[PDB]
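Read the structure below first, then the notes.
One-based numbering along the sequence shown. Structure determined by X-ray crystallography, 1.5 Å. Counting starts at 1 for both ligands and their atoms, following the listed order.
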Amino acid sequence: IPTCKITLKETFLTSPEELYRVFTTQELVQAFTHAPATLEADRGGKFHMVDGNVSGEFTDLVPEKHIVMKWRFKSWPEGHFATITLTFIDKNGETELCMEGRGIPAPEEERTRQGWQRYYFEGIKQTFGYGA
Ligand SMILES: CCc1oc2ccccc2c1C(=O)c1cc(Br)c(O)c(Br)c1
């Protein structure tokens with residue numbers, strides 16, 4: 001499988017604590033995805049979202065600071081996971097979120113960029129009121 005790396009950065013009008021909670025609380029994920037979610041907020045914990053179209057495992061969870069996860073869309077080759085790193089930086093009580101995605105199937109680059117930039121980032125901002 002040819003793969004690609006993406007890097008996204010986005011600033012949210014909330015604190016790192018509140019943004020980290022949004023990414024790691026099953027009921028908050030259900031809210032901004034408009035779908036049932038299962039999320040085990042533990043190192044080794046599994047997550048399943050959006051009718052199983054997104055799933056994976058958390059591999060590193062440092063509250064308010066970073067999340068590392070194995071992450072996939074359901075249509076990817078079975079057992080193929082991207083590694084997604086989320087880093088939370090306090091900038092004047094706003095949060096600069098840095099997303100790095102490695103191991104994304106190359107044909108799926110634009111779908112995955114849209115998934116993070118539009119669905120996660122704009123969905124979180126619209127659901128919780130964290131700025132434009
Ligand atoms: C990236 C997964 C995802 O993140 C969200 C955040 C807020 C609202 C919906 C979603 C959402 C989806 O439903 C979804 C489902 C499919 Br299938 C996709 O091909 C894409 Br792309 C996105």
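Drug at ligand 1 (options promazine, benzbromarone, ribavirin monophosphate): benzbromarone. Lab note: main contact partner of benzbromarone (name per UniProt) = Activator of 90 kDa heat shock protein ATPase homolog 1. Atom 8 (C) of benzbromarone has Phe32 O, 3.5 Å as its closest protein atom, hydrogens excluded (heavy atom only).
Geometrically, benzbromarone and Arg111 share a nitrogen or oxygen pair separated by less than 3.5 Å. Proximity of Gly123 to benzbromarone is not established, as no heavy-atom distance is less than 4.0 Å. Atoms of benzbromarone found under 4.0 Å from any heavy atom of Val54 (numbered from 1 in listed order, with element): 2 (C).
What sits closest to atom 10 (C) of benzbromarone on the protein, heavy atoms only, is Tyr119 CB, 3.6 Å. As recorded in the PDB, the organism behind chain A is Homo sapiens. The atoms of benzbromarone that sit less than 4.0 Å from any heavy atom of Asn53 are 17 (Br). Within the 4.0 Å heavy-atom criterion, the part of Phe73 lying near benzbromarone is the side chain and not the backbone. Within the listing of benzbromarone, atoms 11 (C), 12 (C), 13 (O) sit less than 4.0 angstrom from a heavy atom of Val50. Contact annotation for atom 14 (C) of benzbromarone: protein absent (non-hydrogen atoms, distance under 4.0 Å).
Site of benzbromarone with heavy atoms closer than 4.0 Å: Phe32, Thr33, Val50, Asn53, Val54, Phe73, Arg111, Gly115, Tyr119, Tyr120.
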What are the atom names and distances for all N or O pairs under 3.5 Å between benzbromarone and the protein?
unit_1: benzbromarone; atom_1: 19 (O); unit_2: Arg111; atom_2: NE; d: 2.8
unit_1: benzbromarone; atom_1: 19 (O); unit_2: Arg111; atom_2: NH2; d: 3.0

